[PDB]
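Each chain gets a letter, A, B and so on, in the order its sequence line appears, and its residues count up from 1. Displayed portion only: the contact tally does not extend beyond what is shown. In each ligand, atom 1 is the first atom listed, and ligand 1 is the first ligand listed. Keep in mind that the numbers below use all heavy atoms, side chains included, and drop hydrogens, waters and symmetry copies. According to its header, the structure was obtained by X-ray crystallography, 2.7 Å.
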Amino acid sequence: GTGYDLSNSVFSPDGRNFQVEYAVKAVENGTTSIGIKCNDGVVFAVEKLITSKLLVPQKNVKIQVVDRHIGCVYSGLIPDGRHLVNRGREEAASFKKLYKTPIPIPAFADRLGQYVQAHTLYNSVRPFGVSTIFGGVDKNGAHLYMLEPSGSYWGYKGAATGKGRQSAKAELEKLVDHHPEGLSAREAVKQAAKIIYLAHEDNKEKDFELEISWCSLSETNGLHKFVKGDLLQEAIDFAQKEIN
Amino acid sequence: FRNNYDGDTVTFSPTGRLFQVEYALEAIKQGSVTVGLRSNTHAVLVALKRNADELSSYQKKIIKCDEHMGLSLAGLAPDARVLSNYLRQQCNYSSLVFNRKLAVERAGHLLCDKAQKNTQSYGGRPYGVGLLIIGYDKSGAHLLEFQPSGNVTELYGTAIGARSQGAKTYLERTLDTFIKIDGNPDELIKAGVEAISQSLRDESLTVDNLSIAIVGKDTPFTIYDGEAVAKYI
Amino acid sequence: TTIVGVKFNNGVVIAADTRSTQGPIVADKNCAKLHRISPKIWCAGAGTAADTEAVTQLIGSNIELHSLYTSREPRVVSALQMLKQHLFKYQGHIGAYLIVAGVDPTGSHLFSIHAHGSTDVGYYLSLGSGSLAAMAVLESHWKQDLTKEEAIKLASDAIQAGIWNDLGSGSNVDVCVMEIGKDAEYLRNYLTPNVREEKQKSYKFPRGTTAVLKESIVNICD
Amino acid sequence: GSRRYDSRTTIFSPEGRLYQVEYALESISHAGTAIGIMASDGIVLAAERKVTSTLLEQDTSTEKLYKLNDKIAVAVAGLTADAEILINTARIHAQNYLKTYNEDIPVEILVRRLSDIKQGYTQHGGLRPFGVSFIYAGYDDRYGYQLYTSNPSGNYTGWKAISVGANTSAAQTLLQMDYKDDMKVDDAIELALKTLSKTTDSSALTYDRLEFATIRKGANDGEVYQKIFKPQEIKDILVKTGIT
Amino acid sequence: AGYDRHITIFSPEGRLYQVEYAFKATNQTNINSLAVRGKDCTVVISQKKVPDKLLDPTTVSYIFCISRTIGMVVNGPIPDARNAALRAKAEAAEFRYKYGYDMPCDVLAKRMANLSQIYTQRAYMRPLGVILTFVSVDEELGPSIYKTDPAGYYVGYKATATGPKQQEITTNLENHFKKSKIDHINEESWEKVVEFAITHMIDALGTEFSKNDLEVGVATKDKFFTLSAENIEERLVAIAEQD
Amino acid sequence: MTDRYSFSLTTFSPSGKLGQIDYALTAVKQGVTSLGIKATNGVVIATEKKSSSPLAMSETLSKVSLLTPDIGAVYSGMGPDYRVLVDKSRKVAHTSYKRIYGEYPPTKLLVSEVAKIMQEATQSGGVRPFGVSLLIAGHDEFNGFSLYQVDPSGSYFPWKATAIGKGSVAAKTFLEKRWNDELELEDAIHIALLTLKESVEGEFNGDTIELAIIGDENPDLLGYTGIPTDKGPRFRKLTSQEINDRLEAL
Amino acid sequence: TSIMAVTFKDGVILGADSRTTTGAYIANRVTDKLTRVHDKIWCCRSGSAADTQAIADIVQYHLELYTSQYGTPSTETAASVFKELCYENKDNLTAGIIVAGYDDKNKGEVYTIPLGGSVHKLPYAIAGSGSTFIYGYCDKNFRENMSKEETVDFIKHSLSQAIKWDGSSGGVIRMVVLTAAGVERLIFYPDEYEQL
Amino acid sequence: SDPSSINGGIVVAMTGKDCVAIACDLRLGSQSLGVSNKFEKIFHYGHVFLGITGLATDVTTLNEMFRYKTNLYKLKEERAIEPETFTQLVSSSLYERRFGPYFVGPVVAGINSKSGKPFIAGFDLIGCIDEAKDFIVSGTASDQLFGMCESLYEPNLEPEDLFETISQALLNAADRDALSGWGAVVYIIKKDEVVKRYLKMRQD
Ligand SMILES: CC(C)C[C@H](NC(=O)[C@H](Cc1ccccc1)NC(=O)c1cnccn1)B(O)O
Ligand SMILES: CC(C)C[C@H](NC(=O)[C@H](Cc1ccccc1)NC(=O)c1cnccn1)B(O)O
């Protein structure tokens with residue numbers, strides 16, 4: 001029969017969970033966001049669609065910090081992302097409380113993973129309507145991750161999600177090939193700005209706003225910080241020039 | 001299609017839509033129009049109040065949350081009572097525990113997170129109301145738009161409710177003028193009443209028909225109704 | 001009470017006296033202080049009698065269920081862990097003081113457990129009010145590499161120290177021998193050096209001595 | 001969510017009947033007939049064992065007749081497992097009463113309680129009812145010998161003679177015809193066996209297909225005796241009544 | 001009527017479709033794995049497929065270190081796999097605390113099969129679309145392989161294989177054991193037993209492997225560990241000096 | 001989260017059937033044949049080890065389980081369902097009986113407990129009935145030797161002999177011809193082996209066949225000596241070798 | 001009880017006496033107060049035998065679970081788990097615990113957890129009833145970056161003095177050596193240490 | 001203060017030749033004040049006899065509890081509970097209240113209906129079983145009873161002799177206890193019959 005796609009924890013005859021697959025659709029419908037891992041850190045960037053002149057610029061911050069050393073960005077249902085980050089923050093506090101050290105990024109990845117997977121186990125809950133790009137610096141270097149509505153996650157050299165994920169993935173793949181020796185923090189920021197400008201064409205009708213954050217061993221000491229003023233404007237220019 | 005996926009908030013449609021949330025959004029559109037706008041010194045709410053009969057009262061649209069914060073509503077009024085009340089408590093908790101006036105931005109995030117919980121769990125329902133939140137905090141004047149989906153946006157100006165698109169285009173046009181209307185409350189309200197009148201159709205905005213609210217630099221959030229709004233008609 | 005435990009080259013032996021007391025009064029001249037947790041894990045108990053019987057049977061039961069669940073012989077360290085965690089939970093209020101011993105698939109074992117939940121490992125141990133009499137003997141005659149027979153002697157002598165010198169202990173000696181390759185042998189009343197001498201007189205009364213007021217047959221059937 | 005799969009066991013039909021009670025009653029109607037007859041000097045319980053085999057150990061068997069008290073017993077028609085759940089609580093209730101008042105529980109009090117437990121499964125908790133009908137046979141010092149009946153609805157009534165299970169209507173008609181108030185136990189025994197013998201859906205009514213019990217004031221005591229008939233005893237009494 | 005295919009209640013045929021569809025999900029990842037027993041070791045081999053160039057190959061794994069002595073390979077989607085991994089770790093740590101010895105491979109297997117059985121009976125829980133192969137050198141049973149499915153079934157194996165191409169490997173291995181007549185691989189070192197497993201993975205699948213196509217787990221007395229890309233290469237070099 | 005299936009999943013249909021119980025019994029019908037036979041001085045339970053791979057070690061999967069030293073079980077239907085029922089049966093024998101009278105429960109009462117656990121799966125919220133039928137055989141001082149069948153509904157009945165699963169109807173018939181009330185235990189083991197050969201397709205040896213008895217006390221199986229009143233379990237699983245010995249006099 | 005842990009050039013050493021007492025009775029004279037909570041993280045136990053064991057068992061459990069998910073825990077993490085238990089249950093515990101561990105990145109580390117459940121990271125630490133008597137000796141004789149042989153001698157002399165004066169201390173001196181090399185068990189009998 | 005010394009009361013049991021005997025006094029007091037001289041402390045479930053000394057309210061409660069449990073037992077087991085088994089049921093029932101115990105000293109007497117073997121046992125208030133081959137004593141005159149029994153007793157007494165013995169043991173122990181006496185009752189239990197006799201004794 002049918003109806004296999006009306007309830008969350010239900011396996012279809014081919015072993016799929018359609019409700020999760022439907023969540024992915026909401027993700028694909030979202031703004032494009034990305035992460036680039038560099039030689040000693042990680043860079044996150046995202047497209048903010050300017051719906052109106054009335055949206056105060058620089059105000060509606062999308063990138064989110066967890067603990068002091070982890071950045072999170074997501075595409076899809078924005079509230080769903082905040083919910084996940086709220087949990088991540090609890091998840092990290094609990095770890096730090098018992099173990100004293102700040103949570104390793106792989107450890108934190110699984111925390112989010114297990115939680116997201118939990119929301120595919122019961123028909124009394126709905127799967128998460130976001131894919132999340134997150135990472136930071138720990139005891140053994142930089143880590144970048146992307147997590148899907150199924151709870152699937154892996155480590156990434158570079159990652160993208162949302163409307164322009166294909167442009168971005170193509171742009172990311174080139175960097176991997178033209179720089180096998182490892183990008184640097186400053187370069188990955190300029191590059192980040194470029195990649196968002198290039199996935200913006202898949203939505204070129206509405207203006208947009210750029211947001212970048214980074215966590216680098218040498219540049220931010222390991223701490224997640226936002227990219228502001230001069231370094232943001234310099235990144236904007238590099239992208240604005242490489243669009244022509 | 002749609003009929004099979006709109007039973008509750010726990011169900012995704014094949015295109016990734018959540019229809020119960022979209023249906024909640026429809027209660028906003030059916031609500032009476034309300035406007036919000038701010039300078040760097042003040043923030044203003046203007047609301048068109050609706051009556052049932054000419055023998056009925058006009059139902060209140062503006063609620064105060066703290067001395068520095070308040071909101072206007074469009075949609076299910078009880079839902080606004082529940083949400084303003086929660087906000088009142090959060091405003092209150094910040095003062096008692098931290099001796100700190102709650103950041104309007106932070107109130108934004110709290111309302112988002114509270115609405116969200118009702119969009120992912122069984123037996124719950126989305127909230128059926130839109131809210132416009134103005135306040136004056138440690139970083140100045142603020143205006144927020146709350147949608148029952150959980151989406152909260154900071155703006156210079158906006159409007160929600162029936163025929164709200166009128167005022168929204170007016171504010172979008174006026175932007176550069178009103179953002180500067182600092183240290184003059186009566187002129188910011190005038191711009192707000194002019195914004196709200198761009199969404200009139202049915203009738204004119206009368207004395208017991210208008211509701212205005214103001215907060216800023218040295219002005220605690222205060223509600224104006226009736227005779228007290230006369231000088232703006 | 002005097003309970004001891006003594007390791008030998010190929011196993012472990014435990015023993016106990018058979019006296020129970022309330023205040024100065026001997027309640028039981030022949031109770032059994034040796035308990036079976038499983039066929040090859042046995043336990044000597046001192047303290048509150050109900051408590052050692054209960055804690056021993058509870059963990060025995062649960063050890064049995066574990067064995068069935070895992071298709072394995074029970075290990076002494078399992079009984080040790082479960083008993084200590086139980087006693088710890090009851091802060092001491094369960095007055096069980098135990099010498100736990102046995103053989104299992106990791107070899108032979110000897111441990112002690114105190115009421116508050118602390119455990120000790122040794123080649124020779126004693127607990128109870130007779131603890132010092134018996135330990136004095138053990139500290140005097142124990143050596144490493146005892147034969148099974150030397151161990152039974154050493155253990156049995158330790159309890160005798162308790163029986164003769166401690167008013168808290170008396171009557172008989174019970175032993176249990178657990179050898180690595182063999183079935184555990186429980187040896188109820190291994191020594192009975194306290195047989196009451198024949199009484200001087202018989203107190204059997206001429207029938208009718210006792211005055212009766214009234215009599216009736218009791219219904220047992222239904 | 002779950003609501004989808006809820007059969008809603010406790011709603012009314014448009015005609016104001018309880019679906020699950022009615023269907024339970026329908027299940028009861030296929031069960032081996034049980035007969036209860038009260039006389040002046042005692043009570044009789046008889047029941048047809050539904051489905052039998054050469055290999056079924058009858059000496060160790062019990063499926064229809066259960067002792068609740070030293071003075072109360074029941075005959076079962078329906079699901080044996082469901083009945084045992086109810087029988088066990090009934091034994092407890094009897095003992096609770098005995099401990100409280102130091103008197104054996106009056107027959108009705110016990111019956112009302114069991115009937116109340118059944119009624120509850122009809123009004124709340126969304127569970128299926130017990131697929132059981134009981135005939136209660138008992139003695140107490142207020143009413144003497146009593147015969148009661150309860151069904152999945154939690155309704156109960158008192159009878160001079162009654163049947164439950166299969167072919168009740170035919171059996172009720174037969175009992176109505178031959179029953180007389182001045183009956184003795186021995187006459188009641190004969191009536192019960194005639195009635196079952198005339199309503200079996202089997203070829204013939206043999207001992208191995210019956211359970212039999214009597215509650216007698218056995219006059220030589222001046223106290224009441226529950227006799228659960230052993231297989232040989234049924235074979236004897238089946239000959240006396242003239243069925244062989 | 002038609003809901004007998006959505007939650008785990010019986011169909012008129014006495015079947016549980018949701019369990020059957022969970023078995024289907026196990027193959028979603030298109031990865032094959034096999035396990036063999038040595039004289040005093042146990043080896044698991046599993047294919048490693050990294051399609052996307054953007055991935056960090058070092059984070060792509062279906063092998064888990066459950067405890068100091070137990071390893072587990074999973075055939076099925078990663079999020080369910082990790083769910084099962086987390087549980088097994090927790091269950092293994094707790095067993096050691098409560099009972100004072102290391103949880104045996106087979107006992108953990110039984111425990112996970114029991115949890116899986118529960119999802120088979122209770123409506124509110126879905127089965128996990130995974131198959132779990134547990135391996136160790138048990139201090140009592142020696143080299144050990146125990147495997148559990150979404151039906152809550154589990155058993156011990158001389159050797160086993162799991163995935164879309166399960167049968168190819170199975171028959172291959174079945175043939176060896178008819179030939180060798182014994183119930184393990186006669187080899188003293190884990191290095192040669194790893195080699196045997198890779199060799200028979202190559203014959204049965206008819207495919208050659210580079211150092212980045214495989215993933216190996218080895219269980220010895222008191223450790224279970226996984227081989228590095230370079231440890232694999234060393235194994236791949238050694239087999240080539242013979243073919 | 002939270003089990004919100006607080007309603008029955010087994011309900012009555014208009015004809016009065018309990019659907020899930022029927023469907024469970026259907027699952028039992030597909031299961032490998034098992035059987036029990038009661039002799040004068042013992043009981044035998046037997047079944048076929050239907051291995052799922054020649055790579056599997058069939059000893060690591062016992063179908064005949066010990067419940068108490070004098071009680072054993074076997075089943076037909078869903079293996080995992082059986083396994084958890086064994087865990088529960090073993091536990092309830094302790095919690096509801098041993099921990100209260102210091103002895104193991106008589107067969108009928110332990111059966112009665114198992115049956116209750118199965119009845120509950122028929123009525124409670126959010127569960128399905130167990131997809132198994134059990135045969136429980138045991139001994140106790142006051143009731144002697146006794147065989148019981150327990151069905152998914154929770155009903156149980158005492159048997160002289162019976163079979164469940166795949167070839168039950170044929171096997172039940174074969175037992176009706178061969179059974180008498182004077183059977184010695186060895187005779188019953190013989191009948192059991194004959195009856196099971198009709199059900200087994202492939203190889204029929206001590207590796208394929210799983211057979212257990214409830215007979216005399218086994219002091220050699222006790223593990224300790226010194227308590228006269230502990231005279232050893234009456235439950236004994238026969239070895240591969242013990243089976244093959246009786247298959248030559250077949 | 002006399003217990004100590006000392007960081008040196010190559011790692012860290014743990015030392016203890018072997019006496020447990022009930023009043024003036026020696027309930028155990030060969031006690032092992034040096035307890036392993038991970039391959040290269042150990043602790044010294046003082047106070048209640050029951051309390052410290054129950055605490056140590058809980059910690060070992062946590063660290064085993066930590067290792068399964070995250071990999072070798074730092075000595076600092078081990079100390080944190082100990083602390084959390086000792087602090088949160090300060091009203092029902094009598095546990096004086098020294099945590100010492102070897103790590104490749106921090107060499108040897110020592111954390112002391114006294115009664116209230118506070119944590120203190122030190123080059124070396126002494127505790128137990130017997131420790132009072134060697135505060136002077138240890139303060140005067142400890143140097144950083146000593147050799148293994150030097151460190152064995154420092155602990156040996158220190159504990160023998162503590163054993164000498166404290167009735168609650170005695171038996172054998174046990175040590176555990178924690179370095180990159182490995183874990184080494186040392187034992188010193190009365191006939192050797194008494195005459196130092 | 002001491003719940004075991006408020007109401008007062010003694011129970012004693014002995015084994016003989018193919019028989020057992022159990023006896024109690026009849027007093028129920030409230031400190032110095034005698035309240036009732038008809039307070040029997042022996043009860044029986046089928047052929048199993050139980051005497052309880054101690055706090056009267058707990059004596060009554062425990063009787064009602066064992067009646068309840070033995071009734072249920074008999075319904076399920078379809079046989080009368082045996083002395084060995086009942087002893088276990090008493091023990092586990094008392095230990096169940098370990099930290100809020102019943103203030104009682106129970107005593108079990110009976111002959112196993114299957115084996116003919118005479119059986120007695122005694123318990124502490126928290127369920128510890130003392131299973132003597134010779135005699136069990138309980139109550140506020142237990143010291144006196146131990147003295148009487150340890151001298152008067154000899155093995156394998158005939159029912160008529162055992163009667164004389166146990167009666168003297170009780171009577172003379174009671175007369176040295178302010179809180180025991182006021183009448184006395186003795187049960188002589190044989191396989192087949194049980195005889196019950198009220199003794200004549202001092203009423204002070
Ligand atoms: C453990 C038992 C079997 C052995 C000895 N214990 C006893 O005799 C203890 C001594 C004691 C302990 C705590 C409180 C009051 C009395 N006596 C009893 O347990 C006891 C049991 N039943 C009746 C009367 N006394 B012992 O360890 O000296
Ligand atoms: C850590 C333990 C094993 C060692 C010593 N503790 C004991 O001997 C303690 C008493 C004590 C003495 C002096 C100072 C503090 C506490 N004794 C026990 O814990 C004890 C004694 N007997 C049986 C069970 N536990 B100690 O720290 O002096």
**Q** Looking at ligand 2, what drug do we find there?
**A** bortezomib
**Q** What would the PDB entry call the macromolecule that lies against bortezomib (ligand 2) with the most contacts here?
**A** Proteasome component PRE3
**Q** Return the chain letters whose heavy atoms come under 4.0 Å from bortezomib (ligand 2), other chains only.
**A** C, G
**Q** For chain G, which organism does the PDB list?
**A** Saccharomyces cerevisiae
**Q** What does the deposit name chain C?
**A** Proteasome component PUP1
**Q** Please identify the active-site residue of chain G, as annotated by UniProt, closest to bortezomib (ligand 2), and give its minimum heavy-atom distance rounded to 1 Å.
**A** G:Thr1, 2 Å
**Q** Using a cut-off of 4.0 Å, enumerate the other ligands and ions near bortezomib (ligand 2).
**A** none
**Q** Which residues lie closer than 4.0 Å to bortezomib (ligand 2) by heavy-atom distance?
**A** C:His114, C:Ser118, G:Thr1, G:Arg19, G:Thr20, G:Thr21, G:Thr22, G:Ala27, G:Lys33, G:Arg45, G:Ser46, G:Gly47, G:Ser48, G:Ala49, G:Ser168
